[PDB]
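Quick look at a structure containing sunitinib.
Chain A is the first sequence line, chain B the second, and so forth, proteins listed ahead of strands; every chain is numbered from 1. In listed order, ligands and their atoms are each counted from 1.
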Amino acid sequence: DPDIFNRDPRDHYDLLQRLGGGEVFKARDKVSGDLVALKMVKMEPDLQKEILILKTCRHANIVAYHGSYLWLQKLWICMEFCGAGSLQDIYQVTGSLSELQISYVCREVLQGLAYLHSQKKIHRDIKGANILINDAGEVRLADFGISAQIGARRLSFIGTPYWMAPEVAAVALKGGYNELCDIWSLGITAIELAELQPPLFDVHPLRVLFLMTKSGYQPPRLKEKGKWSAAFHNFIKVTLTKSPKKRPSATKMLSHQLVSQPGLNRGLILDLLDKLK
Amino acid sequence: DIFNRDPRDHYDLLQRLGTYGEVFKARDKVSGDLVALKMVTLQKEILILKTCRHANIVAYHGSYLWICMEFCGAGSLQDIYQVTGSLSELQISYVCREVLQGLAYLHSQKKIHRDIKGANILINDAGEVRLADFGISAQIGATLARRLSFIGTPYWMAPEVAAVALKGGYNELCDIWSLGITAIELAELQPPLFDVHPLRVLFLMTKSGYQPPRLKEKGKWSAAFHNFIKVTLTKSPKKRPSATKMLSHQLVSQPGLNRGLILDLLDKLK
Ligand SMILES: CCN(CC)CCNC(=O)c1c(C)[nH]c(/C=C2\C(=O)Nc3ccc(F)cc32)c1C
Ligand SMILES: CCN(CC)CCNC(=O)c1c(C)[nH]c(/C=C2\C(=O)Nc3ccc(F)cc32)c1C
């Protein structure tokens with residue numbers, strides 16, 4: 001907001017495509033030739049904290065920020081371009097990922113969460129659609145629009161219901177919650193990647209919240225049992241823990257068998273980006 | 001009385017259309033009638049849609065599991081106003097009158113729609129206005145000490161539905177609020193606060209000192225219409241009028257309301 005450039009962004013950037021719907025364009029720094037992504041939102045001068053959260057980030061797993069432009073009542077946010085788009089854009093064509101593929105993504109997201117949490121920040125919208133893959137098979141985090149800055153417990157009722165932790169769903173009754181909700185959202189996201197839908201996705205979202213506040217609510221499991229390994233079923237069991245008091249941190253999960261086992265690298269995602277042909 | 005056969009044995013799948021299971025244009029094999037089929041307490045929508053014989057409620061033909069229903073050619077009002085733009089205060093007024101008749105019959109049947117919105121109001125090629133998608137509709141029965149479920153589409157919900165506190169609950173008068181929001185939607189193409197996160201919208205509706213929305217530009221709209229918004233979007237359910245009561249408001253009982261208005265709108269499309 002204070003480091004905004006009052007400049008037409010088209011001055012130094014060729015816009016190349018429409019990808020969004022706020023709207024999001026593929027662009028190119030004219031002099032540099034470097035690709036970027038410009039998120040444009042129409043702004044009547046009469047929730048822009050996403051800027052505050054990104055400008056202060058400095059991590060490979062978090063989408064990179066380059067500056068914000070404001071022109072003619074239009075707000076443009078310049079960020080790091082990711083060739084293959086979201087994992088949702090991908091898996092919809094590809095089909096469900098392998099366990100190694102899923103394993104890699106979780107390690108990378110947990111890397112981005114660990115950093116983000118130590119910065120005293122929660123994403124609160126971890127889902128396949130907010131995880132971006134660059135042409136080099138790398139993983140980045142995006143859509144910090146509903147993400148929160150702490151400085152100790154959040155009170156807001158927000159998220160995408162299917163991916164929302166139960167302590168968030170019940171926030172109006174159970175009081176504040178904290179950063180362990182991104183770990184729940186990650187577990188759901190693992191299943192999203194495994195089954196192409198999050199659990200209960202055909203249920204009305206508001207109902208899925210109510211259901212998940214019920215006493216005796218059972219956290220989701222993977223459907224095909226034998227299809228996945230012992231290490232994966234456990235990763236789900238523990239990430240999807242109801243009591244946030246008992247649910248592991250990002251740091252503790254990075255040392256889990258599923259994400260600590262060898263073989264995991266940006267290669268498996270390139271192997272996934274091949275199936276897009 | 002759900003059939004174990006195949007929906008295609010009576011009908012056809014000739015085009016595709018937009019509500020959970022998708023909609024598909026269809027033709028009766030024997031007579032030549034057009035129907036739309038939806039492809040998916042499982043038997044809840046069909047039980048409400050059966051036991052419904054009213055002009056403003058989309059017809060019901062059978063179910064198998066594809067719920068077979070009357071075909072509407074001009075899709076939803078939402079499909080239409082994405083082409084046409086702001087409906088005129090008259091066309092809105094007709095639609096509202098038409099929807100209230102729908103709701104008044106529904107309430108007298110102890111039914112509540114709970115998802116009144118532009119997207120769920122269907123216009124057939126005859127210019128008839130119908131209400132569809134009873135996927136989250138209620139049927140008040142003999143259940144003792146019931147509290148109605150936390151469900152809907154936030155932008156269109158009445159504040160009393162947004163409450164999850166122990167103290168509260170709602171009745172059929174939630175529909176009258178939804179209708180109010182729908183009128184602004186038909187008028188400004190967006191319900192109020194559409195740019196807000198929908199779960200944040202639910203939170204605001206419950207806070208101390210919430211104010212119902214009103215039409216954003218005053219001059220464009222009459223005082224009957226401005227008033228119509230005011231009363232349908234009454235914050236307190238006790239003070240909010242009923243379907244029957246609304247049908248005699250200045251706006252929906254004014255002279256000039258005939259299907260003709262809808263037919264003109266169906267030419268903005270052509
Ligand atoms: C693969 C399926 N489709 C085939 C053309 C493409 C669909 N998806 C695409 O094109 C796509 C691409 C190539 N980038 C993005 C989004 C972002 C990006 O790159 N950096 C960001 C930073 C922040 C943010 F909020 C979004 C993005 C999409 C949706
Ligand atoms: C993009 C705007 N276009 C209109 C100009 C869309 C074209 N037309 C369309 O999308 C469309 C048509 C022609 N029918 C429907 C849906 C239903 C219908 O007909 N009977 C029902 C009964 C129940 C129900 F749950 C849905 C429907 C759509 C979305």
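Contact analysis gives the chain with most pairs under 4.5 Å to sunitinib (ligand 1) as the one UniProt calls Mitogen-activated protein kinase kinase kinase kinase 1. For sunitinib (ligand 1), the other chains with a heavy atom below 4.0 Å are labelled A.
Counting heavy atoms within 4.0 Å, the binding site of sunitinib (ligand 1) comprises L19(A), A37(A), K39(A), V63(A), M79(A), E80(A), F81(A), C82(A), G83(A), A84(A), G85(A), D89(A), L132(A), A142(A), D143(A). According to the entry, the source organism of chain A is Homo sapiens. Of the residues of chain A in contact with sunitinib (ligand 1), the majority fall within UniProt domain Protein kinase.
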